[PDB]
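Featured here: a structure holding tranexamic acid.
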Amino acid sequence: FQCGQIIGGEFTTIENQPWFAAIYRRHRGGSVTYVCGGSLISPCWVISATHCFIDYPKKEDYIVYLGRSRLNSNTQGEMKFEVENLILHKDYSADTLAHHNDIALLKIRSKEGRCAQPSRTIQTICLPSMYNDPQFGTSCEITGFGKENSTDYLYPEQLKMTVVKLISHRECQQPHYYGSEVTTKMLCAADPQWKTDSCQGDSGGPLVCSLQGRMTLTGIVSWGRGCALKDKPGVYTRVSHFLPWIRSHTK
Ligand SMILES: NC[C@H]1CC[C@@H](C(=O)O)CC1
């Protein structure tokens, strides 16, 4: 492994986002449904958002897939996993509109007792170095099985991706935007003409940026008001500010 090597946007294959994890819940009735996204950060660890699991925190109930480009069908080279350990951030909160410390860790273990193995469809995403983010106005990529329009009932069957641009705290903390709801441990991103964005079901997925030739996990899909609404960008967990929390649990 060599690390880092939807409204609008386009369809894609997992070769373009080989770090993408598709997380599913098995329920209480035997039926399995899509919960949300995630990113492979090391062979045994997938990173996502706490809000994806806060209502069902029993590890035994989740299924993780790597190398999956299709929602309810099989893709050649996909690897299935059990969640060995589900770590939610104890300081998670969502009392108001914003979700605070919205980050989660999933230890993955296949029925064959193995962790993720590199292939053309399974790869790791580079974690940022402490506090090192791309410049405001940088184009980064988002990926998911989320809705194509907020009013849609169904989820697309094929994986999607688009490009969004990082927005400064100054701009995002404006009152017609999110105001004081966005903290410094969050990152805002949007399409300049509000035509593309992450939507419902893209939660936990990554905001992938290129820094020093490395695709970096700069954000994790967290929250926002609607999808692709003027002045209402997608808000992301600012990974570069959660490194001791990640390290503390992957040691
Ligand atoms: N645009 C980002 C935002 C992330 C998920 C959210 C939700 O699941 O409610 C809707 C949109």
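Residue numbers run from 1 in the order of the sequence given. Ligands are counted one by one from 1 in listed order, and the atoms in each one are counted from 1 as well.
Taking the chain with most contacts, the partner of tranexamic acid here is, per the PDB entry, Urokinase-type plasminogen activator. Counting heavy atoms within 4.0 Å, the binding site of tranexamic acid comprises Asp197, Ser198, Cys199, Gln200, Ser203, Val221, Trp223, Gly224, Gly226, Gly234. Residue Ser198 approaches tranexamic acid through these ligand atoms, each under 4.0 Å from one of its heavy atoms: 1 (N), 2 (C), 11 (C). Checking the UniProt active-site residues of chain A against tranexamic acid, the nearest by heavy atoms (to 1 Å) is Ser203, 3 Å.
In this structure, atom 1 (N) of tranexamic acid has a protein heavy-atom contact shorter than 4.0 Å. Taking every heavy atom of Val221 and a limit of under 4.0 angstrom, the matching atoms of tranexamic acid come to 4 (C). Closest to atom 11 (C) of tranexamic acid, if we only count protein heavy atoms, is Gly226 O, 3.5 Å.
For a threshold of 3.5 Å applied to N or O pairs, the pair formed by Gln200 and tranexamic acid contains no separation below that value.
The UniProt domain of chain A that supplies most contacts to tranexamic acid is Peptidase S1.
Close approach of tranexamic acid to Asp197 (heavy-atom distance below 4.0 Å) involves ligand atoms 1 (N).
Residue contacts with tranexamic acid: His51 is placed with no nitrogen or oxygen under 3.5 Å of a nitrogen or oxygen of the ligand (distance criterion only). Near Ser203, meaning under 4.0 Å from any of its heavy atoms, are these atoms of tranexamic acid: 5 (C), 8 (O). Tranexamic acid has no nitrogen or oxygen under 3.5 angstrom from a nitrogen or oxygen of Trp223.
The atoms of tranexamic acid that sit less than 4.0 Å from any heavy atom of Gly234 are 1 (N), 2 (C).
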